[PDB]
2 protein chains.
Amino acid sequence: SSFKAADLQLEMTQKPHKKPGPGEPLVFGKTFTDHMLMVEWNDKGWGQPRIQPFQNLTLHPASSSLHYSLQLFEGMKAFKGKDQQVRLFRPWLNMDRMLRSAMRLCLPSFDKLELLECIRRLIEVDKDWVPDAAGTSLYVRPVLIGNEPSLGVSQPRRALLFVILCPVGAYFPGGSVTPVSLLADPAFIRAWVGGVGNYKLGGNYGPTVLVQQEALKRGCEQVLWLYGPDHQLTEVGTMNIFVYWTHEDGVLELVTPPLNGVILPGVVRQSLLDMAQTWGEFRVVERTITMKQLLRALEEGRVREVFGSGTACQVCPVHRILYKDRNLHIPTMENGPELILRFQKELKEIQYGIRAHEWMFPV
Amino acid sequence: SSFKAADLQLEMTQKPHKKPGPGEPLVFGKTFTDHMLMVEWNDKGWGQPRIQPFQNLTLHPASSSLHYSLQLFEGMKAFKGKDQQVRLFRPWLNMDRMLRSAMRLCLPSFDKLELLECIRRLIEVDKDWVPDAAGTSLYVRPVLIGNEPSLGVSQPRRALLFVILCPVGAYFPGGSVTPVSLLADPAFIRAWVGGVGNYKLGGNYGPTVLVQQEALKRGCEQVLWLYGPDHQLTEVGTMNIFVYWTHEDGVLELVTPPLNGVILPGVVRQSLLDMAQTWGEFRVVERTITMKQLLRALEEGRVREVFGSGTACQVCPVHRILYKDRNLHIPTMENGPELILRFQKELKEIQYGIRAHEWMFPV
Ligand SMILES: *Cc1c(COP(=O)(O)O)cnc(C)c1O
Ligand SMILES: *Cc1c(COP(=O)(O)O)cnc(C)c1O
Ligand SMILES: NCC1(CC(=O)O)CCCCC1
Ligand SMILES: NCC1(CC(=O)O)CCCCC1
């Protein structure tokens with residue numbers, strides 16, 4: 001059924017593009033690498049995978065990817081250490097999530113490890129594009145779209161899988177943690193139980209653009225997505241949320257919302273849970289967090305740190321939440337931020353190859 | 001600002017496709033006409049509109065239309081009367097809805113009447129493609145997509161508006177209306193209040209494919225979309241729902257769910273409400289309909305007709321609903337279907353120019 005890496009076609013570029021410098025401030029995903037991966041699917045099966053020069057897609061105007069959002073994507077980073085070795089961070093989890101997303105949209109199944117090997121081969125070809133400066137990396141963007149020339153809402157009989165790469169600079173200006181303010185208004189819903197918010201589908205993102213603009217108009221940087229009558233904290237923009245506090249039972253704990261359907265199962269999210277569990281210094285749980293619980297904890301001075309997690313930012317500190325038109329200062333930066341700095345340090349040691357780990361996949 | 005229809009550039013096809021013609025099977029949305037409308041948008045506003053030959057779209061791999069579902073569409077029909085005159089059905093309402101969809105996804109605004117004249121000119125160029133057989137029409141598909149070559153989840157600085165046309169056959173070949181069976185399972189949710197289900201965005205359709213396949217496996221043609229703990233009937237597949245019954249207060253009425261956020265404001269839906277209100281023979285109301293209300297009405301023999309409404313089907317009868325592993329028989333067909341046939345006949349007479357009406361826009 002699946003495409004094989006052993007069947008890979010190679011077409012090197014004879015028109016190389018200008019590489020960005022470590023000194024020039026880069027915007028997220030605007031400058032791309034020399035090559036891309038492309039695999040075509042039809043009802044008879046997958047075609048042969050190919051590494052070809054970066055080029056535009058040729059799509060039929062009726063392609064189901066453009067009309068009925070038969071599209072999904074992934075996002076992972078490749079890191080270059082001082083010894084020039086490029087490594088991907090827990091890519092197996094991204095491949096797992098990509099296949100789950102594909103099944104939800106009735107898009108073709110593929111072998112997760114064959115796609116991983118094809119992606120490894122692609123990054124190997126564009127190795128010189130992976131930067132080595134502090135906090136920089138190569139963003140990998142796999143995409144699977146429906147491509148049937150039909151206006152009928154049905155299972156695609158044609159599909160296209162492609163992977164593009166882009167060098168990204170340091171998220172924080174310089175190399176120090178800067179906090180974000182969040183708008184928490186229950187009128188905005190990102191996902192729902194029985195919905196598709198737990199899959200990385202394009203459809204979950206388009207509607208967020210206007211809401212993010214509303215957050216900016218109200219003086220906030222990101223949106224704190226609330227869910228249900230009890231105003232459950234779900235996500236911070238397009239990042240998973242973590243709260244480090246002394247809970248109502250008097251125990252020091254790190255909590256993040258559980259995977260009940262409205263939470264996207266983040267790779268960094270899973271890594272922070274795994275890392276903190278291994279330390280065994282405090283309680284680490286997956287449990288629902290409500291605004292009522294957070295309000296009470298803040299007034300009682302029990303909150304230490306609140307942060308967002310994702311591939312783009314790793315660990316993003318939160319200093320303010322605007323809920324029901326009331327400002328809530330989150331003492332994250334006044335508490336170090338001890339845990340965020342510890343997570344940042346240990347993730348960078350694993351990611352840049354200072355410490356050898358099972359989480360890293362060598363390219 | 002907006003693009004002007006007076007600036008329209010026409011490039012006719014050098015390679016015309018063979019038309020289906022007399023007695024050939026037409027599958028919905030699989031056969032396309034010779035030309036298409038294309039309008040580009042960037043930083044300096046809209047470009048000049050163009051009618052060019054039917055061809056593939058050239059999109060950058062990072063196009064926000066494919067990653068974050070910055071896409072919307074419309075659907076309306078052009079009808080050809082026996083004397084060869086082509087007319088559009090209430091297109092102003094589709095233009096109004098398209099603009100509302102554009103605003104929700106932070107896509108560029110345009111003038112409703114300028115796009116309408118551009119679509120009229122496109123249908124005029126491909127006028128011979130509009131079939132004249134009973135119940136047949138030309139399906140018009142306007143689309144507006146984000147076309148930003150960036151991986152950032154933001155408002156597009158580039159967009160593309162295009163319109164494609166499809167000659168379609170009669171939904172009920174021979175003229176006789178045929179009913180369908182619906183699967184009603186609360187585990188599947190189409191939209192949520194605070195979401196975007198009330199807009200015609202690509203994102204709302206992709207997730208329905210898997211649900212539709214499950215309905216088919218269970219022996220049902222469409223999905224009856226239920227919402228909330230009270231199991232509110234919202235939509236029949238991707239069509240609005242109508243119930244013709246004797247209400248609990250003993251009064252005969254035609255009811256459809258209100259525009260509370262989870263219902264897409266259909267043009268046919270509004271047309272049926274307008275038509276039924278003009279007659280003044282029964283009560284016409286927009287009120288929430290629950291499964292418990294329908295169950296009580298069925299056993300008491302108060303339900304006369306249940307149907308779906310939309311551009312593709314016009315008025316679609318329902319004879320069975322599979323709910324909680326039990327089959328509920330809906331007496332739609334044995335009741336004529338009196339109201340459905342009256343709606344079908346009046347709409348047919350208006351659409352094919354047999355009866356003059358302000359609802360029709362001449363091409
Ligand atoms: C991508 C994403 C995340 C984080 O996932 P990572 O795998 O850790 O990058 C969290 N929430 C949403 C809504 C996301 O889209
Ligand atoms: C298109 C659509 C309708 C019907 O709208 P019409 O304008 O009458 O064609 C109803 N519900 C959904 C979900 C739709 O997508
Ligand atoms: N929040 C940004 C991401 C996830 C992340 O990497 O943190 C989601 C939207 C698309 C870009 C990536
Ligand atoms: N139900 C089919 C439509 C609406 C309609 O015309 O009934 C929505 C999906 C795309 C095709 C059109």
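In the text below, chain A, chain B and the rest are named by the order of the sequence lines, each starting its count at 1. For the numbers below, each heavy atom of this structure counts, side chains included, while hydrogens, waters and symmetry mates do not. Both ligands and their constituent atoms are indexed starting at 1 by order of listing. According to its header, the structure was obtained by X-ray crystallography, 1.8 Å.
The drug candidate or drug found at ligand 4 is named gabapentin.
In the deposited model, most contacts to gabapentin (ligand 4) involve the chain that the PDB entry calls branched chain aminotransferase. Those other chains that come under 4.0 Å from gabapentin (ligand 4), heavy atoms only, are A, B.
The binding site of gabapentin (ligand 4) (heavy atoms under 4.0 Å) is made of A:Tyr68, A:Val153, B:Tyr139, B:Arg141, B:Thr238, B:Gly310, B:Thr311, B:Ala312.
For gabapentin (ligand 4), other ligands and ions under 4.0 Å: ligand 2 (pyridoxal-5'-phosphate).
Checked by distance only, gabapentin (ligand 4) and B:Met239 stay at 3.5 Å or farther apart across all their nitrogen or oxygen atoms. Residue contact check: A:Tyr68 has heavy atoms under 4.0 Å from atoms 10 (C), 11 (C) of gabapentin (ligand 4). Near B:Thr311, meaning under 4.0 Å from any of its heavy atoms, are these atoms of gabapentin (ligand 4): 5 (C), 6 (O), 7 (O). Residue-ligand proximity, A:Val153 to gabapentin (ligand 4), at heavy-atom distances under 4.0 Å covers atoms 9 (C), 10 (C). Annotation for gabapentin (ligand 4): atoms under 4.0 Å from non-hydrogen atoms of B:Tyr139 are 11 (C), 12 (C). Proximity by heavy atom, under 4.0 Å to gabapentin (ligand 4), holds for these of the UniProt substrate-binding residues in chain B: B:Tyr139.
Proximity to B:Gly310 (heavy-atom distance under 4.0 Å) selects the following atoms of gabapentin (ligand 4): 7 (O). Distance from atom 6 (O) of gabapentin (ligand 4) to its nearest protein heavy atom, with residue and atom name: B:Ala312 N, 2.8 Å. According to the deposit, the organism of chain B is Homo sapiens. Close N/O approach between B:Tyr205 and gabapentin (ligand 4) is not found [any backbone or side-chain N/O within under 3.5 Å].
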